[PDB]
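Proteins come first, then strands; the chains are lettered A, B, ... in the order of their sequence lines, and each starts at number 1. Note that ligands are numbered from 1 as they come in the structure, with each ligand's atoms numbered from 1 the same way. Every heavy atom of this structure was used, including side-chain atoms; hydrogens, water molecules and symmetry mates were not.
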Amino acid sequence: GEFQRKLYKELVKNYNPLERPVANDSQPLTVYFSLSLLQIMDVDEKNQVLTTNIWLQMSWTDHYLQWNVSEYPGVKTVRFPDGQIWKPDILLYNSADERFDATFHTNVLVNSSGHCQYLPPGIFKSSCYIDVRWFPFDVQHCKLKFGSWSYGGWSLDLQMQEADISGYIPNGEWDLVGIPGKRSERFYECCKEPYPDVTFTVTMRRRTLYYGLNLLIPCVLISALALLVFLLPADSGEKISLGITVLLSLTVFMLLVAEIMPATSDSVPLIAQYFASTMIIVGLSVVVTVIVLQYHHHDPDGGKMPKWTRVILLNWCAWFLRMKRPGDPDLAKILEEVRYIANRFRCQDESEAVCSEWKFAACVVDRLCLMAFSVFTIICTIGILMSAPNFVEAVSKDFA
Amino acid sequence: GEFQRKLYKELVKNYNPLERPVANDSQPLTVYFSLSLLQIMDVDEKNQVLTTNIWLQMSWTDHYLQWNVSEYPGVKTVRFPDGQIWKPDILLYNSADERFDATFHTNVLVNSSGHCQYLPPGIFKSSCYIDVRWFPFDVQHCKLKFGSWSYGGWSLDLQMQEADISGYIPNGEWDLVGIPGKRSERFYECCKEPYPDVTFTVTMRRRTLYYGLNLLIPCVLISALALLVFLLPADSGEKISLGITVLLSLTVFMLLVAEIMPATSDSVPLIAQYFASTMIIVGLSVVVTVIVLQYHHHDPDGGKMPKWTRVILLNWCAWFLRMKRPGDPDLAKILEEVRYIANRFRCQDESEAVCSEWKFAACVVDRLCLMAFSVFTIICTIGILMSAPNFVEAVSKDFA
Amino acid sequence: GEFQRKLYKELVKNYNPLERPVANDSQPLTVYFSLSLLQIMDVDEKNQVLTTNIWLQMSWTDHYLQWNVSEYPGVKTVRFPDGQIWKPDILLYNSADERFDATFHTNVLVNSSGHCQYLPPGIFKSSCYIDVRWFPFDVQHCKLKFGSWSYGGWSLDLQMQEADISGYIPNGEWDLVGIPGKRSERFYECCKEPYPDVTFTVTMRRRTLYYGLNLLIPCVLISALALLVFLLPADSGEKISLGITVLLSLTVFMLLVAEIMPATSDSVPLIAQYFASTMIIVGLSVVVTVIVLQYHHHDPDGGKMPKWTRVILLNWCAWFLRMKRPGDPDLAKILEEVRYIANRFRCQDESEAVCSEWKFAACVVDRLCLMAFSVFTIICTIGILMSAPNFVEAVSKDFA
Amino acid sequence: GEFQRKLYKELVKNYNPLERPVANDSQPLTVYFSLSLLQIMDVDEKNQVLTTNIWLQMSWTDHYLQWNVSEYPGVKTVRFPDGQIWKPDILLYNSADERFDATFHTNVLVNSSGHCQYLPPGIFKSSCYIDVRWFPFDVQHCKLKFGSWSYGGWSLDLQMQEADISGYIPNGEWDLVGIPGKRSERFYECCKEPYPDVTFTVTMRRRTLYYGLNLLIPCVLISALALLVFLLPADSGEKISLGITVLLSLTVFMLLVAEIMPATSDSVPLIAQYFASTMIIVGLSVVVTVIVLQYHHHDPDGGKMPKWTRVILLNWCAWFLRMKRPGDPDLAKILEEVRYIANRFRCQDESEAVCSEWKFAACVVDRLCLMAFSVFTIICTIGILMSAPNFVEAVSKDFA
Amino acid sequence: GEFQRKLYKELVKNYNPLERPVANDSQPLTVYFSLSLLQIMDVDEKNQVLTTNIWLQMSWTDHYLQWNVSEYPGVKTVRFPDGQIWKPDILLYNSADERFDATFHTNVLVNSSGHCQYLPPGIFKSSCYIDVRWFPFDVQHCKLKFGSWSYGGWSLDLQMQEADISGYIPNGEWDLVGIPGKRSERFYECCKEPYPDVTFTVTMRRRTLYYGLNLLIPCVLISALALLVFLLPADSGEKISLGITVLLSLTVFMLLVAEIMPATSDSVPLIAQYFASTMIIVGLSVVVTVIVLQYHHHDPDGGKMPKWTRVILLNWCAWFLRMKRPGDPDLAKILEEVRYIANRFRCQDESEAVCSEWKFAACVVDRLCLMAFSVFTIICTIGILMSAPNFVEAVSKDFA
Ligand SMILES: *[C@@H]1O[C@H](CO)[C@@H](O[C@@H]2O[C@H](CO)[C@@H](O)[C@H](O)[C@H]2NC(C)=O)[C@H](O)[C@H]1NC(C)=O
Ligand SMILES: CN1CCC[C@H]1c1cccnc1
């Protein structure tokens, strides 16, 4: 259009993109800043990097870019590319990307009175502290700090507007709680002029269904199966294998959790405490199994049963767990031989009785330790999994 | 030639690559948008990112790029590179690339009457929701939203043309169903003017031959092998090893599945349900094996077989399974000696008879549990596999 | 130099890089396009992407870039950088890269008669189909498609020159069979305008020495070792651990092999078929071992051994296998006692004889199944490995 | 603003960005170089690179960019982008990045008296030596070197300012000790002109809590558990499975841990020494277990007990460990029968006595080696772990 | 200053950066090319690339960039950025990075007489053959090729200067032997002109301490531990589990090791063949163990030991290793009864006396195969380890 061509020719006369567009040079240029959250794309726990998809919103008033629509009837707005008009240099101080600025530079929409609009999209990789103390029942607060880089507080009056979440797409792993913001001005060692900035905090809660189904339940089941050694008879000759195999099979779970966790030294993760407790339980299970095995394969006439062992394992625990304790010269020569044979059988009977009593003691010890270990593992698991805050909320929101 | 040089000099005279090429400024500009799918690069289930290879197609009429063929006999079309003529700022809204734009800028072919064609190729990484509820017999819909960033509905009339699939190359893992399009207008918090956009939906059906033959069949085979613990005689003393080793060998499969699957908590994957069911099956098998072994190694004199247990197992289940139940003074001194020996032998015979009864009871329990576990695992696996929709279609389209 | 400075000043006078350097504007400009292969870098089977080091070759005649050597002594060639002259817009069609054009823009060498040479280097990532049916005895063909993006047939006709492989460097993993091409031609539905393009097919053969020595021989050896369970006597007590451990090893081997293979569902690969056959063989061996162990530990009084099993195992297969089958009143009181003892001893002897007969039957079954399984595994391995059409060529080239 | 428009127009008049802003051309331009540390993002031990977030700080004086604020009341500072002003070419010498200069070019703030202030941000990847001799108890010294690439000391003399640590964000893994600066002058063979440069040495101390919890304690506990084979009785038939599975688990642990450390060959790391010691201890325990099992299953008449081992073990070692050492004509024919039976039983009991002797000797050897290995493991672990120069500091600052 | 401003204005008067700065247009421009190695960043065996930190030294004489130093006092050198003056187009021929040329474009220093120095830094990823045959005792020779892309001997004749290693920083894994250069020509068929090229070969020796300690010593120790299977008595019942567990562990060891090596089919690597030999050693040990177990459990009532075995396994082989060979009517009825019992005992003793011979034969085989397998393992390990060249040099330089 001829009007469009004339307006574009007239709007660029003696225009310097290096100057701040203010009618008076002694007042700051008010700029309104806001962002629109679109998607939380990634939360890296190991590298402590948060990846989001946002649209920055910048608005200000330009004094030289004004015209009367009477002389230009058809055209009401004008768009300008990068490098042709003045734009604020607003960056992200918290950036964690090789290019310190990740914004696709689009056009600038202008009023017929000089109201510039800037909506640059882009995927932002910011570095925020990730707390894994109560993993996987944790809520994270990651900050996004925005502000002008080279304009002080006397030339650029930054003003914050509320973030817009009307186009937010659920992540499916993180539940968004909110995104407040606040404006503050700081002093830097470079200069003696305040530099206002706008900080947005993103609060999200991890959904625990997947982790609960894939890490907590299998460990519970395997630890429960590890108690099955306290039910096998000692004569089966398989007791050590169960404990060893369950220890081996939980080593891989420990290694997996270690590989998915950041190498932080600020606190002990709740899952780490759980796995250490389970390791301890299995270790003492194996120790008790060895003790029972060495009690059951006792050598008759190899020692004397201590009186304390006798009383404690035959009159107290047997009662408490309702145990039931099991229970012419030729003729002369013939007689000598038959008494010898009978005496040999009698000694065999005494030896087998001693062996039976030793085996009964081993069985009593085994059952008592079974009960104690079951109580201990239930208590430890319940306490560890209930210690974390908002665990009831997480359960009621995800599972039920 | 001279005519080409003259035309090129004439066309760029007083041309502003900023203004919209419309004869009347009030009327909008009609731009036809279309897509040409070529290939599907990858479908990142873990990162919810879809990579494609497409050719965008745009067409519009330029008012100033017109000439007469008679005055320039040789030439009929001209081509302009980026930054020399006006082009629409159409870009993909749902972009997962580090840079928000992935198009490769090429030339713009021009009619003799002002028709511009623009076909920029590129590889697009668009973030689309991936549903793994019915993995691997699943169908995924991914959207591609294209629209002008800075031009409203009063300036650009973004029409839609049907997507073209003729140069499409089959992926070999995904089966294309179709790619329809739909145009709509939306309002944004920035501005009081609608912004039309064109959305293309891609429907792909996963081919399940590889995933089936690599995950389902081995798991079924190992689950069936885990039932052999009920055919092993108890005297071999190697029942528990089979169960614990198949438990390990399926835990590694669970690890692989956790590796390939994402970490969403929206739903429980079908493969996760199947693996959990197999886990419970093997755990219950190990528990039953422990019970059977503790039945087999029953200490005689250490207890009495309950009458209810006998009537349940010995003469009821054996009937059900049709199993047979197995089975001068000197001469005096010698007389009591041989009497003592004979009495000892008789007591040994009674003890071995009791032990044989206990062993038969253990065998009966083993047979019952074998039958029950076999029927239960068959029913569970059939139900879980057949619960998925279009499972029969996927089978008949892949295996047949 | 004075002369070359004057020539450079003169040549760029009234020059328009947008203009096509022809003399009549109606006759298409002939461009000769060829290739120069340097090295094959990587063949990504998982991503279906081929990376190569390639030098392009272009040659056209420029009408305006001519001069008389006699007027400019010494100056015989001139060179121009990107953008200062006209260049064909030839780029890879089936490219797989974030930035579509993977070329380095060097200078253009122009002779005194207007002949332009252009050799842009670069590393090209191309998405080509990768068949995996006969992996690792496979030969792959990957296609490279070039051609002008915008210039048609009446303006720019493409001519082919033979590909150059003089500078080729051996890969060490792929054997270059050759690289032919075809100068195709295409017509549209509007106009009789031939659109030409040049395509190059790279045919390579995989060297099988590494894959063979690292996959096939270890698996064959381990499968052969898995057959030793049949030679193991039942009384040892380790007939199940051997089979289950080789099963674990085979499962790990499949898991590690499937990490380098594509997830295509086009066809079942040869290596997958071989692994499936090995798994079936091992599972059947475990089942047979369970049956043999069940036979070995048979209750002497648990039943009667069927006459069919008698006349088969102890009669036919035993002869076939050439196995030898092993095999005053007080005086009356003492008489009764010794008769009782003797009767007990005789019953023990009969039970021992029955157990020995059962054990011999188990041994016969074990040996027969050993022979059958050895034949099965040898036949299956030979048949699976001999099905590759390139197997003889591979074994004659790589190994020999 | 009119005043700033006029000032911008007047300042760029006859200005050449290629010219060094001095007044005599023979005096070096004083430049002050500092550095503001934000956070340490990564320390890659495998690649030996360090990633940090750093704000550069350069300040100098410009002779031409001077104006009187009386004629321009509102204007007090001006800003210029890259390419329109002279900037020092300060680079990172020991950089490790695809682009040798990973800085973001921002505006240059200029005061009214010609004072410049340039603060470009960025993420820097520098190659620094990583010493893993005392891993995980490490203190690292990574150096950053800066300096003009082309400007010499006679034209550009760098000056060092103290590094600023305000605004530092704690890593959570690495503890920052400090970052001291040093300005060094290096001469050439040309001429007596300095070539000053500024170097900063970042000193970090690894926080040894995560590694201590995940590697040292689990391996210590597993090594302690591996000693339980000595308390296991030899009759259980599990004295080797425990040791072999512990050895397998520990070698898996070592091989997986090896994925973290680099392949350097300048020293033997502490963790490698500790793992090797554990390997040796477990192997020797397995050897001793084999020897003990050989002692236990000795043939009753396959040999004779040597006097030397008899006196050394049964006499001296029992004293040490305080172990109690356990333990009508037919009448003639009947006489030889009963005498034969009696002497057979006597031979059986003497063979049993010899077997008991061998078993007791095996038990004594087992106890002695248990004591020896219990001493050895503790001594080796303490000695290896106490060799770190800062072990006490690390423990007292990470645990207490 | 004024003088340098005037000089900068004067030098760019009628300057064309597209022409060689010669004075006759026929004499080639002599260009000196050198190198400055700083660090070897990484050597990749998988993808066969070499990444280094390198400074490129260039120097030539410019005819136009000259001035009288008297007329411009104080000014001695001038600097020009990329694009403002002519620069040689020298680039790496055999590159491996995505951008074919990776050099940071810095300024060019020009003296008063017209001498140009150009030292662009960068990180170069080359592509060189990596010989893995003698792994990990490799000595590599990676070539770097440099040269003008378009200019030839008529225009630009390259020269060579010795590479600079004064700034070298040791890698820690690779020992640098040296880096020699060479200047070579290449005559074309058309034109008898030189085509100078300068190539540098970097020779590095791998440090074997880490690889030895982490791969060779553990493998030898594990093989020695597996060698203990022959000392274990057969009565334990653990002779198979130990061997199979070691086999599985070392198989996973080899599979893990194979990941850090390329799939090159040009030679069989030393580590690969060593692991193979260990594989056959362990497999044969398992086979021998199976044979020994079969001999130990021979049926006493089965076949008869052949005379060949009776001599060779009992006399000859026991002499070879010196193992001593271990070794009224009622009266009639009672007489017949005791005769029967004594005859049964005598038959039992005779039957048992045959199993001792089989057990001694098993012991003889165990000892013989222990000796033979130990000798075989020692010989094979020594031969494979010492076969590689410069093994003595490597061990002396690394371990001492
Ligand atoms: C413009 O900015 C510079 C910042 O360095 C000012 O220089 C400093 O000014 C203060 C007070 O005048 C002095 O105390 C410092 O010593 C100065 N720094 C140096 C390195 O000299 C400069 O004064 C400012 N000029 C104007 C007109 O405001
Ligand atoms: C539709 N566009 C994309 C998002 C907002 C909107 C817009 C409006 C004005 C300037 N830029 C962008």
For ligand 2, what drug is listed? (S)-(-)-nicotine
Name in UniProt of chain in most contact with (S)-(-)-nicotine (ligand 2): Neuronal acetylcholine receptor subunit alpha-7
Can you point out the other chains with any heavy atom under 4.0 Å from (S)-(-)-nicotine (ligand 2), by letter? A, B
Which other-chain residues or nucleotides lie under 4.0 Å from (S)-(-)-nicotine (ligand 2), by heavy-atom distance only? A:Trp55, A:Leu119, B:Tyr93, B:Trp149, B:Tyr188, B:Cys190, B:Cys191, B:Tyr195
In the PDB record, where does chain B come from, organism-wise? Homo sapiens
Identify any other ligands or ions less than 4.0 Å from (S)-(-)-nicotine (ligand 2); say none if there are none. none
Any transmembrane segments of chain B with a heavy atom under 4.0 Å from (S)-(-)-nicotine (ligand 2)? Use UniProt's count from the N terminus. none
Which residues of the UniProt Ca(2+)-binding set in chain B does (S)-(-)-nicotine (ligand 2) share, counting a residue if one of its heavy atoms lies under 4.0 Å from it? B:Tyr188
